[PDB]
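Have a look at the structure below, then the notes.
Below, read A as the first sequence line, B as the second, and so on, with proteins coming before strands; counting in each chain starts at 1. Values below: all heavy atoms of this structure, side chains included; hydrogens, waters and symmetry mates excluded. Whatever order the structure lists ligands and atoms in, that order sets their numbers, starting from 1.
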Protein chains: 2
Amino acid sequence: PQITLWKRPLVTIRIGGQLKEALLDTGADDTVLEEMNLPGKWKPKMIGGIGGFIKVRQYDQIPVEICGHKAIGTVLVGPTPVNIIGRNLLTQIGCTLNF
Amino acid sequence: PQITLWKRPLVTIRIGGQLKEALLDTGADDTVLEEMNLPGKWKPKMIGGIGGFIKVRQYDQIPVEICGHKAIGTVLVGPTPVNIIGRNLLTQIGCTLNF
Ligand SMILES: CC(C)CN(C[C@@H](O)[C@H](Cc1ccccc1)NC(=O)O[C@H]1CO[C@H]2OCC[C@H]21)S(=O)(=O)c1ccc(N)cc1
C-alpha cells in the first residue's frame, strides 16, 4: 500500500500466532513490542530511545506478517510505549519513504 | 524521491537558518530537534518514548525546509539525541510510506 501521514501509520500484524496493532516507525532501527510471550530462546539486551534506556528480551529469527507481507527477524520485547515496527522488518517488506 | 530504509533515513533540513541532519520519522507525531536557541515564544511540553519522557520547548509556525521542500509548523526543542522530522512536517512535504 501507499500510506499517508496525517494519521499514525498503525497497521495490523501477526506474530507467535497472535494479531496486534503496531506503528510503522522509520525512526526505529529495531522492532519493539510490548510485553508478550514468544516461543524459544531469548537474550537480555538494552536499547535506548528518546527518554533513556530500557531492558528488553531479544528474540531472533521470528516470523511477523505486516499488512499481509512476510518478514522474519529480530523482535525485542519490553516496555515500549507502543508496538513499533522498525527498519529491520520494514526493509524486509520492501518499505520505502517517498515524497 | 525515494528513501531506502537499509540505513537511517537522515536528510538535510534548514531551520532558523541552520542546516541540520534529521531523521524522517513516521513514528514521531511531532518534529523534535536537538537543543538550539530559537527566537520567539514557546510553551513547555513533555514527550514520551522508549525510556520515558523528556522536557521540550514547543515553538509554533517555524519555517523548516527539508530536502528543498518548504514546510512550516511546530518544532519541539530539547535534549533529544537525534533531530527528528515528525508527521506534522512530513505531510507538508508530501512524504508517504510505500510497500
Ligand atoms: C517510540 C515512538 C512511538 C516515538 N519516538 C519516535 C521513534 O521513531 C524513535 C526515534 C529516535 C531515534 C533515535 C534515538 C531516539 C529516538 N525511535 C526509537 O525509539 O527507536 C528505538 C528502537 O530502535 C532503536 O533505533 C533508534 C532508537 C531505538 S520518540 O522519539 O520517542 C518521539 C516521541 C514524540 C515525538 N513527538 C517525537 C519523537
Worksheet item: Which of pexmetinib, lapatinib, netupitant, darunavir is found at ligand 1?
Response: darunavir
Practice prompt. Please name the chain that forms the largest contact set with darunavir, as given in the PDB entry.
Written response: protease RETROPEPSIN
Practice prompt. List the other chains with a heavy atom under 4.0 Å from darunavir.
Written response: A, B
Discussion item. Distance under 4.0 Å to a non-hydrogen atom of B/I84: what atoms of darunavir satisfy this?
Written reply: 10 (C), 30 (O)
Discussion item. Yes or no: does A/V82 have any heavy atom under 4.0 Å from an atom of darunavir?
Written reply: no
Discussion item. For B/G48, state whether at least one heavy atom is located under 4.0 Å from any atom of darunavir.
Written reply: yes
Worksheet entry | B/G49: numbered darunavir atoms lying under 4.0 Å from its heavy atoms | 31 (O)
Worksheet item: Near B/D25, which atoms of darunavir are under 4.0 Å from a heavy atom of that residue?
Response: 6 (C), 7 (C), 8 (O), 9 (C), 10 (C)
Worksheet item: Applying a strict 4.0 Å limit to heavy atoms, is A/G86 in contact with darunavir?
Response: no
Worksheet entry | For B/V32, atoms of darunavir separated by under 4.0 Å from a heavy atom | 35 (C), 36 (N), 37 (C)
Item to complete: Report, in ascending order of atom number, the atoms of darunavir lying under 4.0 Å from any heavy atom of B/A28.
Response: 37 (C), 38 (C)
Worksheet item: Of all the atoms in darunavir, which lie at a distance below 4.0 Å from a heavy atom belonging to B/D30?
Response: 35 (C), 36 (N), 37 (C)
Fill in: Per-atom contacts of darunavir with B/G27, taking only distances under 4.0 Å to non-hydrogen atoms
2 (C), 3 (C), 4 (C), 6 (C)
Worksheet item: Which species is recorded as the source of chain A in this PDB entry?
Response: Human immunodeficiency virus 1
Worksheet item: Which nucleotides or residues of neighbouring chains are within 4.0 Å of darunavir (non-hydrogen atoms)?
Response: A/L23, A/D25, A/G27, A/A28, A/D29, A/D30, A/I47, A/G48, A/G49, A/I50, B/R8, B/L23, B/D25, B/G27, B/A28, B/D30, B/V32, B/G48, B/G49, B/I50, B/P81, B/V82, B/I84
